[PDB]
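Structure note - alafosfalin present.
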Amino acid sequence: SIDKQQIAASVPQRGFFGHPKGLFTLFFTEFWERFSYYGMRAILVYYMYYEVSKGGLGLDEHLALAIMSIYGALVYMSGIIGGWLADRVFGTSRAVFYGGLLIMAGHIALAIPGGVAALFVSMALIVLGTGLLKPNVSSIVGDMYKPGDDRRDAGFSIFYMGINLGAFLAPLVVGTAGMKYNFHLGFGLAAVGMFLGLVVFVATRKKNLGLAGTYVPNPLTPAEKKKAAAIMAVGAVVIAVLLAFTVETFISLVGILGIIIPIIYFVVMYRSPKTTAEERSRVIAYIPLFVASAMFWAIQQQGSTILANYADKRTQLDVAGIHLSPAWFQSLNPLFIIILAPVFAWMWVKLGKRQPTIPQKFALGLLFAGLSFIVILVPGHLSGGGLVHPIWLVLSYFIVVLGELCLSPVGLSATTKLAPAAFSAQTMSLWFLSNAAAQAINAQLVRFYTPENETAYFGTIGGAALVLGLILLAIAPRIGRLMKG
Ligand SMILES: C[C@H](N)C(=O)N[C@@H](C)P(=O)(O)O
């Protein structure tokens, strides 16, 4: 490990809009990675269930939707593994580099002529690569700022703007390309983009980042190097013999992992000898806040799967002479975030002390989440049948964003405020954990998504979210009071 002062001194503190020129390197690296990921994700589900003569792979729609919901859960969970690998063996700079190579290799598999075997390989590479790159790239950006640097939060804000920007642009590029022209072409522009990210990183990291993340923060002790490699080796031999299990089996496995693991985390924390009587109570108080998070993300993440299908199957795409591409509907979430975020930010300041508490804001997200589904089921219920106006789907995304800007910004804060001191490091994973768990559950509910019980589907899920939101409101007083401030 190297002290932050010496590291920061090797980073050119001027260059990119009043920030280090290494921010340019880290903004665009993450941007293009996000770009490729969201672009590839924008057309992936269609590529799976579209018939083979329409360029697709010709899988069952429920299977395709289940894979998508599982994908995110694996990606989210992968960051925890890669975060450990960077911190304990690689270093953030090197781990970002490796992830970039794997991710790109994943897109190449998709872009070249192939079938479902290529799709499964591509998933593994991207999951593994994102787990290395995504959590570690933001870590390097902190290494550029010296202890006391006021610009830090502004630099981070610029960095996160790259995520949303990629999420907005990508479907309007890869989607328009992949859908209208060729599916392998859309997957091709993802690889090209990710390549640019690698090129900008590898070429400009020697000058712009310097000693940033090139060190191993918490290396393995000699004896620990053996055990870790042994387990990895043992695990590698154990998994291979079991290999010698359908895709739906793997799905069920992830689905139950998305339930067991959260239960495991809570019991471990609550029963920890390193905790105090007060810290354990806060852990209990964190439970409904975790459940509410999962319920929210369950509805939120379905926007890239269920509603992606709804746009492909249940929506009037021909409006005003122009034929819309269904993947373009994925641009709606980040677009509203970009727009409404400063509006919400101004609101919370305008409110001041009269603003709702953190637990109260969790319920607000829950109300809007369930409400978005209530709206989304209405037009298909009113009409006798056929396609519905895209204004309904658009309005559905808009409402879910309102719920997001309420819950998401205080998500990490609520976790840190309630997590024990001995578990201060697992604090970001725990927040990311509620999101993955929702998507592992999301995949199990896909079988319920038929054109028949469509109303029952949206109504039950949305109804449950509304019910839970009202419950959380009731216990919001006691929960807010327990927070460490
Ligand atoms: C694409 C959309 N703007 C988005 O980033 N959604 C996040 C919740 P995801 O990256 O986890 O899918």
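Counting begins at 1 with the first residue of the sequence. For this deposited structure, the header notes the method as X-ray crystallography, 2.4 Å. Only this structure's heavy atoms are used, side chains among them; waters, hydrogens and symmetry mates stay out. Both counts, for ligands and for their atoms, begin at 1 and track the order of listing.
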In what form does the model contain alafosfalin: which ligands or which chains?
ligand 1
In this entry, what is the main binding partner of alafosfalin (ligand 1), named as in the PDB entry?
Di-tripeptide ABC transporter (Permease)
Protein residue, atom and distance nearest to atom 4 (C) of alafosfalin (ligand 1), heavy-atom basis:
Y38 OH, 3.7 Å
Which segment of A167 sits under 4.0 Å of alafosfalin (ligand 1) when only heavy atoms are counted:
side chain
If you measure from each heavy atom of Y37 to alafosfalin (ligand 1), is any distance below 4.0 Å?
no
I'd like to check whether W297 has a polar contact with alafosfalin (ligand 1), where a contact means an N/O of the residue lying under 3.5 Å from an N/O of the ligand.
no
Taking both backbone and side-chain atoms of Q330, is any N or O found less than 3.5 Å from an N or O belonging to alafosfalin (ligand 1)?
no
With a cut-off of 4.0 Å on heavy-atom distances, which residues and nucleotides contact alafosfalin (ligand 1)?
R34, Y38, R41, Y76, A167, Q300, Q301, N333, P334
